[PDB]
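Entry below: contains salicylic acid.
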Amino acid sequence: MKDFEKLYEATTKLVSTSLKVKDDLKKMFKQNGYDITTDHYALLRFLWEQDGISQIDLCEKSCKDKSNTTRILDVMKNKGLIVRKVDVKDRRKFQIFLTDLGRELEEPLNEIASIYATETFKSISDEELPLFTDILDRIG
Amino acid sequence: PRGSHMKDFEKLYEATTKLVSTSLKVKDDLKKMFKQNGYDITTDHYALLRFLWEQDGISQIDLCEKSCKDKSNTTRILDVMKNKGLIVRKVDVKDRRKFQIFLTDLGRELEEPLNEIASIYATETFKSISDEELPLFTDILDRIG
Ligand SMILES: O=C(O)c1ccccc1O
Ligand SMILES: O=C(O)c1ccccc1O
């Protein structure tokens, strides 16, 4: 039926497809001169939707945890993509803002990611997307 | 690139996210599965042993290709697996540079009790997914890329 061999394959494919996809996309960013990771692009996506999100919300949005998200954010700050501000209401609590460089990169990075998305999913039909997704949702 | 039937980018992005967040939630779930249960063994240790139990005495080339992955990391974990006393290297009787990987005694004894655990975790992991869905999932994932 769905014996251990298949479940182990499934799990294995899921993890490796995920890794390949992150890594191919990062390579395509680098090929075009953008030295960013997939993690940076995801976080930037949140920020292009809503500037000045608190650190705290952003770690909840992240699909990652606080220690890993915070490290990733330091790198981005170091790359000049965002700044960190002492809050207008509080202290020990920051807001995360786009720099101009961070805003400038919406168009170009989203374009590269589109190109990468269309090719990577060319063999999949539109209608398979919610099936795939609803399976992933019910795993674990 | 293009076509007369394009998918919406946002949908592909959301699905890519779901793929990735789910892979992570799954690795998290499985992190301590041997350790909480009395075997000081990682996930990576385990996935390599699966290849070894299937093909004991495989070439470190074919293994690094089996693993897909980064050779130093594949190799680096191999190293802990030597140190823990799970595997060792004998040198391939073809070249003087090509290696071969072989399970230690623990390595072979560990098959049953570690597969037993992983089976029970896998079953749990996929318990709300149906029999027909499994090869569908799997076929989608193969076609991605
Ligand atoms: O990747 C693993 O080590 C694993 C563990 C338990 C069940 C399925 C799996 O692929
Ligand atoms: O969840 C992620 O880190 C991610 C990975 C690849 C593409 C888009 C993403 O949001």
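Each chain gets a letter, A, B and so on, in the order the sequences are listed, and its residues count up from 1. Computed from heavy atoms alone, side chains included, the values below leave out hydrogens, waters and symmetry copies. All ligand and atom numbering here is 1-based and tracks the order in the structure. Header lists the method as X-ray crystallography, 2.3 Å.
Taking the chain with most contacts, the partner of salicylic acid (ligand 2) here is, per the PDB entry, MarR. Those other chains that come under 4.0 Å from salicylic acid (ligand 2), heavy atoms only, are A, B.
The 4.0 Å heavy-atom shell around salicylic acid (ligand 2) contains A/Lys22, A/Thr38, A/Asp39, A/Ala42, A/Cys63, B/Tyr13, B/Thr16, B/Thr17, B/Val20. Those atoms of salicylic acid (ligand 2) that come under 4.0 Å of a heavy atom in A/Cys63, given as number and element, are 1 (O).
Between B/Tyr13 and salicylic acid (ligand 2), at least one pair of N/O atoms sits closer than 3.5 Å. Not a single N or O atom of B/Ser21, backbone or side chain, sits closer than 3.5 Å to an N or O atom of salicylic acid (ligand 2). For atom 5 (C) of salicylic acid (ligand 2), the nearest protein heavy atom (residue, atom name, distance) is A/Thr38 CG2, 3.2 Å. According to the entry, the name of chain A reads MarR.
The A/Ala42 neighbourhood of salicylic acid (ligand 2) comprises atoms 9 (C), 10 (O), with distances under 4.0 Å to a heavy atom of that residue. For salicylic acid (ligand 2) and B/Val20, the ligand atoms under 4.0 Å from any heavy atom of the residue are 1 (O), 2 (C), 5 (C). Taking every non-hydrogen atom of B/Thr17 and a distance limit under 4.0 Å, the qualifying atoms of salicylic acid (ligand 2) come out as 9 (C), 10 (O).
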Kindly print each salicylic acid (ligand 2) N/O atom paired with any protein N/O atom under 3.5 angstrom away, one pair per line, or none if nothing qualifies.
from: salicylic acid (ligand 2); atom 1: 10 (O); to: B/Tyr13; atom 2: OH; distance (Å): 3.0
from: salicylic acid (ligand 2); atom 1: 10 (O); to: B/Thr17; atom 2: OG1; distance (Å): 3.2

